[PDB]
Amino acid sequence: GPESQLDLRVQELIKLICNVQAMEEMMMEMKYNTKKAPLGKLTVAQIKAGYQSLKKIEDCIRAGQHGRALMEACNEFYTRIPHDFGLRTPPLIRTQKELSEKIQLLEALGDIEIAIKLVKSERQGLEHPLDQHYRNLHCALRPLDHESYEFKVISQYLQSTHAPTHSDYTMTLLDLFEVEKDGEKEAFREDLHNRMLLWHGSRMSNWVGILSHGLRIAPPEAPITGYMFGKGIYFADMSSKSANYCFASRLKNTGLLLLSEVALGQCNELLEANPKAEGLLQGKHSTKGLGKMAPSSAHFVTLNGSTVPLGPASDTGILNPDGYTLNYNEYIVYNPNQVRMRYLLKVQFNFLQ
Ligand SMILES: O=C(c1cc(Cc2n[nH]c(=O)c3ccccc23)ccc1F)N1CCn2nc(C(F)(F)F)nc2C1
C-alpha cells in the first residue's frame, strides 16, 4: 500500500544490495549449490562447520599430507558446504589461493545469511518494503549531490589513486552516499593518531552484512594462513586495489566501494606477508603492508578529521630483496573500533576488452 519515503537514489541502492536473486547468481559462479543448500535456509552453524573443515585442510597442507588425508578433509568441506560441479571431479585445496577462495566463499555465505534474515524480517505492511529493509540496516545512508563538494573530492580520490597496473578497467562514480552506522562513532578510537580515509572493496553480496553488522573479525575456527596479515580488517590507499575485491564483470559492471575512517595509530610496517602479524604488534595498533607505489603526501587533504591520501601515486622506493614485494600498500586493523564507515560509492566499471 504505502509509498516509499526514501530518496530515490537510496531506493535504488537498497534494491541493488538486497537482491537475493543476484546473490544466488554470485554464489553459483563460485561453484556453490543454491537449491541443495538454499541461501534461504543458511545458518551460522553450517558456516562455522565450513570454517572447521577448512582448518583440517590447512592442517594437511601444513603437514604436506596431499594424499588421502587431504582428499577426505576437502570432501568434508564439500559435504558441509555443498558445491555443484556437475560432472567435474571436486578438486583438492592445496595452495594459499585455493584456500583464500574458500574463505571468500564462506564470508559471502555469512553476509548472505545476514541479508536473507533481514529481507525475510517481519514484513510489517505499514511501510514500503524498501523502507523496512533500510530501517533494518541500522545504518544511515544519505545521497550526496553530484555538485556537492564531497563528490568532487572523492571522485578525485577514486580517479587519482587508480593503480596503473589495473589497466583492465576504468571507474565512473554514479552515486555517493554518506554512511552513519549506528554505534560506530561511539565505539571509535578517537584517541589514536594517523587516522586515514581508506578503501574497502567487497562482492555485491556482502554490503547488507557489511552495512548492518560492520566489517567483522574473521572467526577463530578459520585457518590463519587464509589471511596474509592475520585476522583483521583490510584496507588500501589505492582505489583499484580495493575495487578488484568487488569482483565486477563486463556483464555485472556495477559495484560498491567503501571509504572508512581508519584509526591506524602506530603501524607495524611489513614487507612480506605473515599470517601471524597480529602477535608481532606489541602495543602498535595496525599492520601496514608496504608497496612500491603509494599516494604522495603533498596532495593529502582532510575530511571530517581524516587524511584523504589523494594522488597522484608515486614510487615509495620500497623493494623486498628476498621475496615478493607488494605493488601497493595494504592496511590491517584488528578491532572494529578502529573503523568508522563514512562513504559508499556506486561505481561503474568500464572494461577495456
Ligand atoms: O577485511 C577483511 C579481509 C579482506 C581481504 C581482501 C580485501 N578485500 N578488500 C579490500 O579492499 C582489500 C584491500 C587490501 C587487502 C585486502 C583486501 C582479505 C582478508 C581480510 F581479512 N575482512 C574483514 C571483513 N570480514 N568479515 C569476515 C567474516 F568472515 F567474519 F565475516 N572476514 C572478514 C575479513
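FYI, the numbering just counts along the sequence from 1. Recorded method is X-ray crystallography, 2.5 Å. Computation of the quantities below employed the complete heavy-atom set of this structure, encompassing side-chain atoms and omitting hydrogens, waters and symmetry-equivalent molecules. Counting starts at 1 for both ligands and their atoms, in listed order.
- In this complex, the main macromolecule engaging ligand 1, as named in the PDB entry, is Poly [ADP-ribose] polymerase 2.
- Looking at ligand 1, one finds the drug fluzoparib.
- Most of the interface of chain A with fluzoparib sits in UniProt domain PARP catalytic.
- Within a heavy-atom distance under 4.0 Å, fluzoparib reaches the following UniProt NAD(+)-binding residues of chain A: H200, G201, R216, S242.
- Looking at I217 against fluzoparib, only its backbone comes within 4.0 Å, counting heavy atoms.
- For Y245, every heavy-atom contact with fluzoparib shorter than 4.0 Å involves the side chain, none the backbone.
- Residue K241 has no nitrogen or oxygen atom sitting less than 3.5 Å from a nitrogen or oxygen atom of fluzoparib, judged on distance alone.
- UniProt active site of chain A, nearest residue to fluzoparib and heavy-atom distance to 1 Å: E330, 4 Å.
- Across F235, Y51, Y331, heavy-atom proximity to atom 13 (C) of fluzoparib is greatest for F235.
- Residue, atom and distance of the protein heavy atom nearest to atom 26 (N) of fluzoparib are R216 O, 3.3 Å.
- Binding site of fluzoparib, heavy atoms within 4.0 Å: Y51, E107, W199, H200, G201, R216, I217, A218, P219, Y227, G232, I233, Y234, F235, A236, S242, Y245, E330.
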